[PDB]
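The model presented next includes neomycin.
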Number of protein chains: 2
Amino acid sequence: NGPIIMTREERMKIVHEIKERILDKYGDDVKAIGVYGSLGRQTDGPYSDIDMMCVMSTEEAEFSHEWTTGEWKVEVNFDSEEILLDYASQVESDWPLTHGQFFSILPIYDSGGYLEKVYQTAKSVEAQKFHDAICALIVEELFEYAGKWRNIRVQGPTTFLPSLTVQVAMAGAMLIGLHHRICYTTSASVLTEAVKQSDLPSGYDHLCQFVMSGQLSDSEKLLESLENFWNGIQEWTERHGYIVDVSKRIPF
Amino acid sequence: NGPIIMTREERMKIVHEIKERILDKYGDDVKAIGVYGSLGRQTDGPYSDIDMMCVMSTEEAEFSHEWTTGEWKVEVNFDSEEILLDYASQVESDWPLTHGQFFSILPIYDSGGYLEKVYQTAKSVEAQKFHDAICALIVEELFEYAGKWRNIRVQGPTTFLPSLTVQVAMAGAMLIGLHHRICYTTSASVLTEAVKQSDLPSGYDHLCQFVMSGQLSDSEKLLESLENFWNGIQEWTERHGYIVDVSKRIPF
Ligand SMILES: NC[C@@H]1O[C@H](O[C@H]2[C@@H](O)[C@H](O[C@@H]3[C@@H](O)[C@H](N)C[C@H](N)[C@H]3O[C@H]3O[C@H](CN)[C@@H](O)[C@H](O)[C@H]3N)O[C@@H]2CO)[C@H](N)[C@@H](O)[C@@H]1O
Ligand SMILES: NC[C@@H]1O[C@H](O[C@H]2[C@@H](O)[C@H](O[C@@H]3[C@@H](O)[C@H](N)C[C@H](N)[C@H]3O[C@H]3O[C@H](CN)[C@@H](O)[C@H](O)[C@H]3N)O[C@@H]2CO)[C@H](N)[C@@H](O)[C@@H]1O
Ligand SMILES: [Mg+2]
């Protein structure tokens, strides 16, 4: 019957019950336990699931328990300090959506400031890593989407266009977030927060209005909006120095 | 302003240049080279990218080169035989979308039947792996989506509902593909092929109609369609035995 309505108090009880269970089972291998996500920001809605992180001392520790009771869902990730710190300092194309975890840490157990160290690492990532992630995003994702919607324009199918438009709008949101080196609060607010930022590529806000309103049935307006956004990207990358190497047929 | 229009003959010319370049650089470390994706089953549209794969003899080989010339995009993955076969034999929630690669391999170099060996491995995966992936999908993705759209109904934002509905429809497509052990052709045909399968959970095809048509502006009809799909999931999982024990507050 799906998730039920729960209050913040009930969630913190579950959190502290899980904390006790983790300490009973693993004992001194537990370096730190925190809550992240919406419950960590104390923004959590009545239906939100629970996300917790655990720093282990045992080397190469990397596992997780993800379950539901039928009424609520919990995910607990267990990582060694080294594994967690490397993850916090790696910038992938979906960094603005995944690494909000490290800017929403609610500590409930920490034997040696480990969670603070993870937070510091996540916020001190070198600027060059965001630059590379932006160039990789344009090649590995945006360029590929451009071929996908241009294929639709000539040979269809248009039934993929609304889903692909959503993907392009989400990828554009990642590109902006990588530029500003900021993580989005929640998944539901990614597009709302993306259009309120500075230095938007031309055509991005117009494209997002289709995705946020759900008016994705006019394929011609979508294709025309995607091309304008695709065009706006390339002046935007030159204006900010995110220059993509296009000089070789084969780069190895 | 790429990607540009290309013919199959122009793509195979680029492919064989890369094959020549791969053999020049890595020589006898190359066990096999193949083309997958749309060019692999030679359906490729006028704008499709080029996807290639390489089997290496080097033990820990796992790297990729992904680039564009401004006109076309190429991705070449280099994997040891052990790494590639283990990947082909592991079933994640996005198996129906990622592992079609292994059912579309066009060999252009193969020193010892390595590519046929990859195809055999990918198609002989134990039924238990698909069963576990289905149960994990329902918990890790579907249950989480249900909480998210129920939050939207109570506290918004409505601007996330069209994007979240697309995500739910794609997760349902994964659920169907894992059930029937089938991989989807391309990203563009995932939804069309998913709704043509048997044993659909009640409410999925109706939900896909909103996503495929792009009529995602009636949040009220979307939430009702999402709930109906969510109900159909619980009957569908019971009828096929994709049952997870949910009786414990903490299952470890
Ligand atoms: N190649 C065999 C195995 O691949 C894995 O990585 C897989 C996955 O993470 C990785 O995903 C990569 C991303 O990361 C990278 N940032 C952009 C790139 N386009 C994407 O590639 C994949 O996603 C694309 C669609 N978006 C597809 O067009 C493409 O065919 C597909 N290879 O591609 C691999 C799938 O083939 C592991 N690296 C390793 O277990 C072994 O190498
Ligand atoms: N935990 C720290 C690091 O996590 C990484 O994996 C990351 C990522 O793949 C992984 O993704 C996992 C999946 O895989 C798994 N099959 C289902 C699970 N819902 C999902 O979890 C993630 O996606 C959810 C939304 N769908 C989010 O609600 C959730 O907060 C998020 N942790 O979450 C991790 C981020 O926390 C690496 N394993 C490793 O570098 C290190 O352990
Ligand atoms: Mg989660």
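Each chain gets a letter, A, B and so on, in the order its sequence line appears, and its residues count up from 1. For ligands, and for the atoms within them, numbers begin at 1 and follow the listed sequence. Recorded method for this deposit: X-ray crystallography, 2.3 Å.
For neomycin, the full set of ligands or chains is ligands 1 and 2. Going by contact count, the macromolecule most engaged with neomycin (ligand 2) is what the PDB entry calls Kanamycin nucleotidyltransferase. Heavy-atom contacts below 4.0 Å between neomycin (ligand 2) and other chains occur for A, B. Taking every heavy atom under 4.0 Å from neomycin (ligand 2), one finds A:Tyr36, A:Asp51, A:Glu62, A:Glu66, A:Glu75, A:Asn77, A:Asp79, A:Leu84, A:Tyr87, A:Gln101, B:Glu140, B:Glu144. Distance remark: protein heavy atom present below 4.0 angstrom from atom 30 (O) of neomycin (ligand 2).
Those other ligands and ions that come closer than 4.0 Å to neomycin (ligand 2) are ligand 3 (magnesium ion). Not one N or O of B:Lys148 is nearer than 3.5 Å to an N or O of neomycin (ligand 2), by distance alone. Within the 4.0 Å cut-off (strictly below), a protein heavy atom is located near atom 38 (N) of neomycin (ligand 2). For atom 9 (O) of neomycin (ligand 2), no protein non-hydrogen atom is found at a distance below 4.0 Å. Within neomycin (ligand 2), the atoms closer than 4.0 Å to a non-hydrogen atom of A:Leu84 are 2 (C), numbered from 1 in the order shown.
Ranking the protein heavy atoms by distance from atom 35 (C) of neomycin (ligand 2) puts A:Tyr87 OH, 3.3 Å first. Of the polar atoms of A:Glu66, at least one N or O is found under 3.5 Å from an N or O of neomycin (ligand 2), judged by distance alone. Under the 4.0 Å distance rule, the nearest protein heavy atom to atom 2 (C) of neomycin (ligand 2) falls inside the cut-off. Atom 23 (O) of neomycin (ligand 2) has A:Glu75 OE1, 4.7 Å as its closest protein atom, hydrogens excluded (heavy atom only). In terms of N/O distances under 3.5 Å, neomycin (ligand 2) is not approached by B:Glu141. Here's the thing with A:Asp49: none of its N/O atoms is less than 3.5 angstrom from an N/O atom of neomycin (ligand 2). Taking a distance limit of 4.0 Å, we find that atom 14 (O) of neomycin (ligand 2) is approached by no protein heavy atom. Checking only distances, A:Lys73 never comes within under 3.5 Å of neomycin (ligand 2), N or O to N or O.
Near A:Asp51, meaning under 4.0 Å from one of its heavy atoms, neomycin (ligand 2) places the atoms 28 (O), 30 (O). Within a 4.0 Å radius of atom 41 (C) of neomycin (ligand 2), the protein contributes one or more non-hydrogen atoms. Considering backbone and side-chain atoms alike, B:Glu140 places an N or O below 3.5 Å from some N or O of neomycin (ligand 2). For atom 6 (O) of neomycin (ligand 2), the nearest protein heavy atom lies 4.0 Å or farther away.
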